[PDB]
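Snapshot of oseltamivir carboxylate at Neuraminidase.
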Protein chains: 4
Amino acid sequence: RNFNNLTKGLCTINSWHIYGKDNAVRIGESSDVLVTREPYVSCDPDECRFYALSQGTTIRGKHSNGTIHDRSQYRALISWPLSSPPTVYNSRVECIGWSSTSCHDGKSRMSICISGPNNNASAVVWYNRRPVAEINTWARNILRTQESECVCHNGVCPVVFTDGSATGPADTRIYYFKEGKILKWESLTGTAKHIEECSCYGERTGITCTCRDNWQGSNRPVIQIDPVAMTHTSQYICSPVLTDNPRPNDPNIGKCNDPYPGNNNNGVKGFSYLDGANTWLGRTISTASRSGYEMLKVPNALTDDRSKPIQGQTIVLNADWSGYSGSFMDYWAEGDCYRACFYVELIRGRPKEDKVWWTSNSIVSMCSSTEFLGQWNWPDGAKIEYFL
Amino acid sequence: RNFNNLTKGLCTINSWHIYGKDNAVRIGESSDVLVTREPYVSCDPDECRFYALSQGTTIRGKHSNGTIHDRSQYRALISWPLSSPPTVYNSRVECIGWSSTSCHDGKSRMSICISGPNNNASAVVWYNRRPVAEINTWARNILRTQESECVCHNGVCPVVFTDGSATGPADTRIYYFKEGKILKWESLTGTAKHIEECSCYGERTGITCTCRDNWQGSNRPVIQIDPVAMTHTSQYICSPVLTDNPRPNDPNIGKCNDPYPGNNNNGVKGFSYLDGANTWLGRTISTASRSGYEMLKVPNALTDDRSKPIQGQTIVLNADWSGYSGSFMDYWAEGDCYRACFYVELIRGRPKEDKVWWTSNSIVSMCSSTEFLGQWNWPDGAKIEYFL
Amino acid sequence: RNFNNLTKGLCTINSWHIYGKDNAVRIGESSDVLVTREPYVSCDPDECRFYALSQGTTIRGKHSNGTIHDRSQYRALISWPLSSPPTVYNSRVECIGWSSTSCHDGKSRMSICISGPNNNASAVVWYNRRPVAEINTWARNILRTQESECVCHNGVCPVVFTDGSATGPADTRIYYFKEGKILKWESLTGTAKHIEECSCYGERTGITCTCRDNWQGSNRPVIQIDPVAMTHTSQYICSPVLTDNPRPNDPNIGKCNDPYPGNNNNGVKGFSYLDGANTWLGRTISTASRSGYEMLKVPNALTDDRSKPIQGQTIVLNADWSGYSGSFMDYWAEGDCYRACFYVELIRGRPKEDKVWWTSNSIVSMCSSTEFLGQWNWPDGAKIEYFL
Amino acid sequence: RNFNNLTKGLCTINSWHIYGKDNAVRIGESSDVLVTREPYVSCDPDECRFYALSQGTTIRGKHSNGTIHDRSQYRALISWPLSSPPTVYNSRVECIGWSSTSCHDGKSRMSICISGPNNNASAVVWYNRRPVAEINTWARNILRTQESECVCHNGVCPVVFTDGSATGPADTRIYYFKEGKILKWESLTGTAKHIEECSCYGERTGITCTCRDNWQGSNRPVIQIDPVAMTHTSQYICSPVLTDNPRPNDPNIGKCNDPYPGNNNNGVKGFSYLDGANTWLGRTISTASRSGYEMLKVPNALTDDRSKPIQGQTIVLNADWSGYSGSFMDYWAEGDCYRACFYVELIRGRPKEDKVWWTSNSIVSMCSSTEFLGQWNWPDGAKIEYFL
Ligand SMILES: *[C@@H]1O[C@H](CO)[C@@H](O[C@@H]2O[C@H](CO)[C@@H](O[C@@H]3O[C@H](CO[C@H]4O[C@H](CO[C@H]5O[C@H](CO)[C@@H](O)[C@H](O)[C@@H]5O)[C@@H](O)[C@H](O[C@H]5O[C@H](CO)[C@@H](O)[C@H](O)[C@@H]5O)[C@@H]4O)[C@@H](O)[C@H](O[C@H]4O[C@H](CO)[C@@H](O)[C@H](O)[C@@H]4O[C@H]4O[C@H](CO)[C@@H](O)[C@H](O)[C@@H]4O[C@H]4O[C@H](CO)[C@@H](O)[C@H](O)[C@@H]4O)[C@@H]3O)[C@H](O)[C@H]2NC(C)=O)[C@H](O)[C@H]1NC(C)=O
Ligand SMILES: *[C@@H]1O[C@H](CO)[C@@H](O[C@@H]2O[C@H](CO)[C@@H](O[C@@H]3O[C@H](CO[C@H]4O[C@H](CO[C@H]5O[C@H](CO)[C@@H](O)[C@H](O)[C@@H]5O)[C@@H](O)[C@H](O[C@H]5O[C@H](CO)[C@@H](O)[C@H](O)[C@@H]5O)[C@@H]4O)[C@@H](O)[C@H](O[C@H]4O[C@H](CO)[C@@H](O)[C@H](O)[C@@H]4O[C@H]4O[C@H](CO)[C@@H](O)[C@H](O)[C@@H]4O[C@H]4O[C@H](CO)[C@@H](O)[C@H](O)[C@@H]4O)[C@@H]3O)[C@H](O)[C@H]2NC(C)=O)[C@H](O)[C@H]1NC(C)=O
Ligand SMILES: *[C@@H]1O[C@H](CO)[C@@H](O[C@@H]2O[C@H](CO)[C@@H](O[C@@H]3O[C@H](CO[C@H]4O[C@H](CO[C@H]5O[C@H](CO)[C@@H](O)[C@H](O)[C@@H]5O)[C@@H](O)[C@H](O[C@H]5O[C@H](CO)[C@@H](O)[C@H](O)[C@@H]5O)[C@@H]4O)[C@@H](O)[C@H](O[C@H]4O[C@H](CO)[C@@H](O)[C@H](O)[C@@H]4O[C@H]4O[C@H](CO)[C@@H](O)[C@H](O)[C@@H]4O[C@H]4O[C@H](CO)[C@@H](O)[C@H](O)[C@@H]4O)[C@@H]3O)[C@H](O)[C@H]2NC(C)=O)[C@H](O)[C@H]1NC(C)=O
Ligand SMILES: *[C@@H]1O[C@H](CO)[C@@H](O[C@@H]2O[C@H](CO)[C@@H](O[C@@H]3O[C@H](CO[C@H]4O[C@H](CO[C@H]5O[C@H](CO)[C@@H](O)[C@H](O)[C@@H]5O)[C@@H](O)[C@H](O[C@H]5O[C@H](CO)[C@@H](O)[C@H](O)[C@@H]5O)[C@@H]4O)[C@@H](O)[C@H](O[C@H]4O[C@H](CO)[C@@H](O)[C@H](O)[C@@H]4O[C@H]4O[C@H](CO)[C@@H](O)[C@H](O)[C@@H]4O[C@H]4O[C@H](CO)[C@@H](O)[C@H](O)[C@@H]4O)[C@@H]3O)[C@H](O)[C@H]2NC(C)=O)[C@H](O)[C@H]1NC(C)=O
Ligand SMILES: CCC(CC)O[C@@H]1C=C(C(=O)O)C[C@H](N)[C@H]1NC(C)=O
Ligand SMILES: CCC(CC)O[C@@H]1C=C(C(=O)O)C[C@H](N)[C@H]1NC(C)=O
Ligand SMILES: CCC(CC)O[C@@H]1C=C(C(=O)O)C[C@H](N)[C@H]1NC(C)=O
Ligand SMILES: [Ca+2]
Ligand SMILES: [Ca+2]
Ligand SMILES: [Ca+2]
Ligand SMILES: [Ca+2]
């Protein structure tokens, strides 16, 4: 087997087709389905799987009580077959912790999980299902990482980490791993002022990450990584089509090098594909809460501070709960281009649905089509009253 | 591995032997068994599996309430090991949607699922577990396909699709795929006046599909496909042994080129093996409802409008519920001939059993024997009262 | 891969060690464990598995009600990993039916299941997980077979079948299969007067089967099969140590060529290893019912009508329920000899425990040791009151 | 494949990172999780798995009542995927019995299970999933072994056994196996006065086992084994940092060649890594009961009767229940050194929590880091009240 190289461009995105959906909460009403949050999708050369942070209990289990909590000793990164739900009997534990990323380099998979108390957290880097390297907290304030897949080129897999305040200046680092070993790390440079939960994808130009400014900005920070030189730059998406949540209404001029103001100390993990005229942005439909999800085609969104949508597709209706979203691609698929994909976390339970005492989610995922396909909407589909 | 070629004739059919049965509803009374409908069977070169459309809930789950509904966002084509039931923990999702077909070409499996609202549905074609091609609705009225396996020759896999009215003239197309890519499609030609849910099988002469005229006819439409030239013809089974349900009583003269009248705007998916003197037809025993199932040997049924049975075999008693039926064969079996097989969907719950709020099914399947074997009958076997 | 040849003798049997035990009824009190009966054990070249006839329901399921019944459309031969219980999610269906045998020939596994009504039953012979040959009833009275593994030599696998009365003269046949095809069959010859449920094992001398005379005899019939010439002989175990159940007390002179009288129209499946001075017989401890199990070393039991035990080992206490027993060996194990093994079916529920409405079992199995090992006893271990 | 050779030293231990945790009791509150005790961890060349002694029932099952009991016919050594819980559907039975060890030699795995009544117990040695050799009790008083993994060098796998009194002089033997065959055994020599439940690890110097003196000593006995010459020596850990439980308070002078007095007729399975200045000892935090767990760096603990800690790490808070602990390493990992690992059994239920009628456990495991990582604490995490 050989290391995968990023040698293709993105396929032209004219619409999005359904890729996967696990209906986990519906099924977990009467099955041994693990409580999760922070899901994602990641491909091996022979298989694509769903990933998430388990809470170490099933939904019907009494220990689901209190699972709105983020960081406990009972969490772990699990993976399971595409569009199956995460069950006790089919979920594979990748590592123990409450913040994670994972990616295949063409030869083997690297998985990273962070665990610990707020002031003493540490990352363990697994490669080919064995622990290889460990990284101690550098700011002693919740060391944390992407919550979606990383991307590799010629064996080098960059990962974005943050340690420090979630509502002020923090210490973000980009690490470059190979076979789980640390080749290099560097402090964040560029004009992004705060970085959380980067969603990344790779193509021939390099690796692109769209992140979450949890401090002052409702536009999204972008980090662009050269995996060969192992260097990066950062800025914001220039477009006035703002894609964080909550957020102000869309103005007519965006901000390329500073946070767009109006909403502070909150946000949601999200993603974009930035590819000139082939640029598509994801966002919640609501500006106030994690409900709805849409994709909008916004030409040159990265660089054009006047850019507006010329096409779009509704993924989840505003009436339905959404949540985290992130990017992934099947780098091992046949063809001359990489087909853009994404997932949306469909959060059920607390805080928005507090008649139950748990918080969990299901997953919906889509990939791009060169056809102009009809659109549906894709809700979680569970009836909360059934759990009372 | 090589593409499979259709190089054999059908084995002589002198009776039918039990092949598989999953007892899904019996088991699902007290196990995590997925609610399904529209099942079928399809073989890989190394394994044969059951397939069906899950409803994204177990039978005992509260979300089974309302599963008489056909098209929701919570459906998916799943597959699972022969004669096991479709459980949450053993079912593999092939793709997301509410109408499907699937077949192995000798090298890899193609699966097609259609999803969307009635006026904006789209098919995604998967090959070797990856999405490859997409087809948007052409008539904007429930794009839909076979609900049983397709058949391949030298890598070419024809599939029958319909889009448009289910009770009037519609737009039927035959698509020819190879490795999931569209080689060609063509509009339906011939004398069949309406096409739904084709059940197909292949042999050296070509591919034969027996379908459902949901409009005016109670005889079944037949499409005969040449997978090399990628062309087809269509007509009806000429025999006065009528095999749709509901249906008029058997007359003494059938219709080769037009619907046999008496019952409109309904029908059921079914199948036949049309092979001269080796011809066998399947049908429900009842002329009014989906109950019972029998196989009847009717020589030259395809071409002889006077043909009557000379032999038969009861599969399911008239006292027991049946449902959809379709054809499949193990093209990779040893020997000088292809052994004809079929499945019968045994529907339980609504609309016929409305004391429960769900609709599901189990599966029974048979293959042909050159012996004259004794016959049994094969009911679903669940006691509905247990679910109250 | 090559066909296995029977080239070794039996290992010297000085005691028996625990081999496997699934505790199925204990576990099935609170797990999705299938109701079964008629279990056995059979080895592949790379794995050994438990086998049994499922009743198509779990024990806690309401459909377990009435499972004392022998022959329904909901039964199937299943196999599952050694010492695991037969669960809905781990059991592999081998074929559909209510009487079975199975064995590996070194290259692939043959499995045979019989299904049908009493007067029209038929066997389907599966080889390498595909149906290959079918055999219709010849006496129209419950065609039936071994209920434990068959044995193969150089690809030839003999199987004993009976069709006809269970309480009078019947039509027993020995079939010789290769790759699932019928090479030959022959009517029973020799002095055995009635044959049921043969337990067989192979070694360099040939294949030895110990069966159940359900008509007049409480000594066990023996069939000795030459798998090369494809011929056989039959007689009874000469020893006055009688091993059927129920049975008279042990006399001082046995019967080699006729049934030992006293008990009619009943019996139980059992086994023996007949190997000169290395001869061991299994039997229930009770002479009246299926309770207890012991192994007794009885030199030349096959040929010596005065032979008595010189050593023994208790397997299950008389206070605990037993049931069917049969032989198997791991023909693919390392060494210069074949290690004798057996299983005992531990029946729980009806008819003996009628406070529950079901009948099921667990399995215990042992293999021989050349050491003189201490003995334990091995009960099913479930508390029936827990199921009320 | 080749036999593994112990050719490396231990990696430098500067802290411990989380390796695995199954949260079994939390999950088993509402899932089919087997009741267990005496767990451990052991690696194959391609996978690492959790191991334990099942009680042949799930926790929610009524048969969990009375599982404080040590030795029944319903126990078996099971293994299951790393950090998954031991479920009915994912647990693989290695052998039947109530005391065990297991290890991979580089080619195949050897597993040993002991079963029987107190006065007639016997060990069966499995190699490559087949029984190979058997060992009868020599002292007729609960033949018993390590309860954690053994270690192999060039195919030779030493195992420590004890037979006889648990509260007085007993007959301890060291057996040397290869491919499951007994190469040699020898009676215990050296100054250790009583040996139970040895935890072992291997490196280039040889095999080191830290055991439990259940008779008079609260310091731990050590057996050092040369797997090439197949000889051993024994003594105690000289350090006054006492590591058995219960135990006296730490004095300032330890005992190298006799039990340190104060606590009699009790103890707990534990472990240490004895490696000069790289020496780390594990122990419960409490001196009275199995609660808490800590690792302490104690230079030359084996040989220095004045040695005290210079570094440490809390694993489980004193407020939380612990239990057995033992050593294992991934001998097949990449690198120039063996990374020390261990597990801690987290016992829940009886005797300490008697509002429930069962006794079970979950597992936490750690490996060493050359970094100085922040520490967390790792409780079982189940709420006992949920089970009432
Ligand atoms: C079957 O399926 C198919 C396939 O899905 C369905 O077809 C799809 O239909 C949907 C729904 O209509 C479309 O999505 C919308 O797309 C438009 C963009 O396309 C329009 O505008 C284009 C650009 O026009 C501008 O430039 C051109 C020059 O290039 C110039 O000529 C023009 O005058 C103008 O200057 C047009 O090019 C385009 O026309 C083309 O396409 C037409 C079909 O759509 C076709 O008919 C034409 O002939 C031509 O070919 C078209 O006019 C998006 O603008 C829109 O997204 C906005 O609206 C939705 C609500 O619906 C909202 O959620 C979005 O967030 C967004 O609106 C917010 O953001 C804006 C930007 O900041 C802002 O300006 C808005 O005020 C609004 O802001 C508010 O809400 C947000 C979100 O909550 C909040 O954050 C803000 O603060 C604020 O509160 C949709 O994405 C698909 O594109 C279309 N697909 C295809 C292939 O056709 C079909 O309908 C289905 N059939 C059936 C029967 O159902
Ligand atoms: C153990 O197992 C074995 C193996 O399964 C069992 O043996 C089987 O038994 C079953 C049940 O009897 C048989 O199925 C029936 O087969 C007959 C056809 O065979 C008969 O007719 C043949 C043709 O005769 C015609 O042509 C010949 C010239 O070739 C001429 O000589 C003759 O006079 C006539 O002109 C005969 O050749 C054949 O004889 C042969 O076989 C005999 C054994 O069967 C043997 O004894 C003979 O010696 C000779 O070898 C035999 O006479 C089918 O006609 C029949 O199917 C009809 O009836 C069932 C109800 O039972 C119904 O459900 C079917 O739909 C069908 O009847 C409907 O359709 C007809 C056609 O339109 C119509 O005319 C009817 O009025 C009826 O229509 C009504 O109902 C339908 C359905 O609801 C509705 O849609 C309509 O609108 C309307 O309301 C059976 O399939 C097996 O063939 C047989 N198998 C074997 C190998 O023998 C055995 O019984 C078991 N043993 C025990 C102890 O149980
Ligand atoms: C730790 O574990 C070890 C290993 O398991 C335990 O040791 C085992 O202990 C058990 C239980 O005692 C033994 O099983 C019994 O074996 C005897 C046979 O061995 C005895 O007899 C031998 C033959 O003697 C005859 O020939 C010799 C010449 O060769 C001659 O010298 C002699 O006088 C006589 O003529 C002796 O050779 C043998 O001695 C040897 O072994 C001794 C140890 O056992 C040793 O001490 C000696 O020094 C010497 O080495 C020994 O005396 C079986 O006969 C017996 O089976 C019968 O009894 C049980 C009930 O216990 C019953 O269930 C059986 O069915 C059977 O009895 C029925 O059938 C008989 C035959 O028809 C009939 O005659 C009986 O009347 C009876 O029939 C009634 O019941 C049946 C069944 O319900 C019914 O069908 C009938 O109709 C009727 O109602 C046991 O199998 C093991 O052999 C022994 N193993 C070893 C390796 O030692 C040890 O105990 C454990 N330790 C502890 C502390 O627990
Ligand atoms: C983020 O995470 C990091 C990483 O985990 C955290 O840092 C860790 O913090 C923990 C907790 O403090 C430390 O564990 C303790 O380690 C000490 C040993 O280190 C101390 O002592 C060393 C030796 O000093 C001696 O020799 C030197 C010469 O070499 C001489 O100079 C000195 O004067 C003295 O003679 C020092 O070298 C060492 O200093 C170094 O490290 C310091 C950081 O720790 C640093 O600040 C210094 O600059 C320098 O670099 C340090 O002083 C252990 O002694 C201790 O274990 C004892 O105490 C715990 C309770 O806390 C107890 O459970 C243990 O069992 C043990 O105490 C029992 O046993 C003793 C031995 O018999 C006995 O003497 C005690 O009385 C006691 O006995 C009683 O209890 C037991 C158990 O119940 C019972 O059996 C008895 O009968 C009796 O009842 C801890 O293990 C880590 O080492 C440290 N790790 C690192 C890398 O720094 C950090 O805190 C986290 N951050 C935050 C914000 O939370
Ligand atoms: C601690 C900062 C971080 C980013 C803003 O908070 C998160 C936001 C959450 C959210 O906004 O839904 C859920 C996360 N699991 C969480 N990460 C951790 C490690 O707890
Ligand atoms: C929409 C037309 C179509 C064919 C008549 O209806 C079907 C008949 C059904 C039936 O007659 O049982 C069930 C089907 N799942 C269905 N197909 C879809 C896509 O909903
Ligand atoms: C029909 C005769 C046969 C042998 C005596 O009866 C059996 C005895 C039984 C028994 O004695 O327990 C159970 C069997 N499952 C059964 N076989 C069939 C095919 O029903
Ligand atoms: Ca923000
Ligand atoms: Ca019709
Ligand atoms: Ca009898
Ligand atoms: Ca002690």
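Each chain is given a letter, A onward, matching its sequence line's place in the list. In order, the residues displayed for chain A correspond to 83-470 in the PDB entry numbering, which applies throughout. Chain B is numbered as in the PDB entry, which gives 83-470 for the residues shown. The numbers used for chain C are those of the PDB entry, and the residues that appear cover 83-470, in sequence. Residues displayed in chain D correspond, in order, to the PDB entry positions 83-470. First listed ligand is number 1; within each ligand, the first listed atom is number 1.
Counting repeats, the structure shows oseltamivir carboxylate at ligands 5, 6 and 7.
Other chains, heavy atom under 4.0 Å from oseltamivir carboxylate (ligand 7): C. For atom 20 (O) of oseltamivir carboxylate (ligand 7), the closest heavy atom belonging to the protein is C:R153 NH1, 2.9 Å. Close contacts between oseltamivir carboxylate (ligand 7) and C:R372 involve ligand atoms 10 (C), 11 (O), 12 (O) [criterion: under 4.0 Å to a heavy atom]. For chain C, the PDB entry reports the organism Influenza A virus. Residue contacts with oseltamivir carboxylate (ligand 7), taken as heavy atom pairs separated by less than 4.0 Å, do not involve C:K351 at all. Checking only distances, C:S181 never comes within under 3.5 Å of oseltamivir carboxylate (ligand 7), N or O to N or O. In summary, the atoms of oseltamivir carboxylate (ligand 7) found under 4.0 Å from a heavy atom of C:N296, numbered by their order in the structure, are 5 (C). Near C:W180, meaning under 4.0 Å from one of its heavy atoms, oseltamivir carboxylate (ligand 7) places the atoms 19 (C). Protein heavy atom in closest approach to atom 10 (C) of oseltamivir carboxylate (ligand 7): C:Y406 OH, 3.2 Å. Distances from atom 14 (C) of oseltamivir carboxylate (ligand 7) to the heavy atoms of C:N348, C:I224, C:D152 show the closest one on C:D152. The ligand atoms of oseltamivir carboxylate (ligand 7) that sit less than 4.0 angstrom from a heavy atom of C:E278 are 4 (C). Between C:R119 and oseltamivir carboxylate (ligand 7), a contact under 3.5 Å exists for at least one N or O pair.
Distance from atom 6 (O) of oseltamivir carboxylate (ligand 7) to its nearest protein heavy atom, with residue and atom name: C:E279 OE2, 4.7 Å. Binding site of oseltamivir carboxylate (ligand 7) at 4.0 Å (heavy atoms): C:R119, C:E120, C:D152, C:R153, C:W180, C:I224, C:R226, C:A248, C:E278, C:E279, C:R294, C:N296, C:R372, C:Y406.
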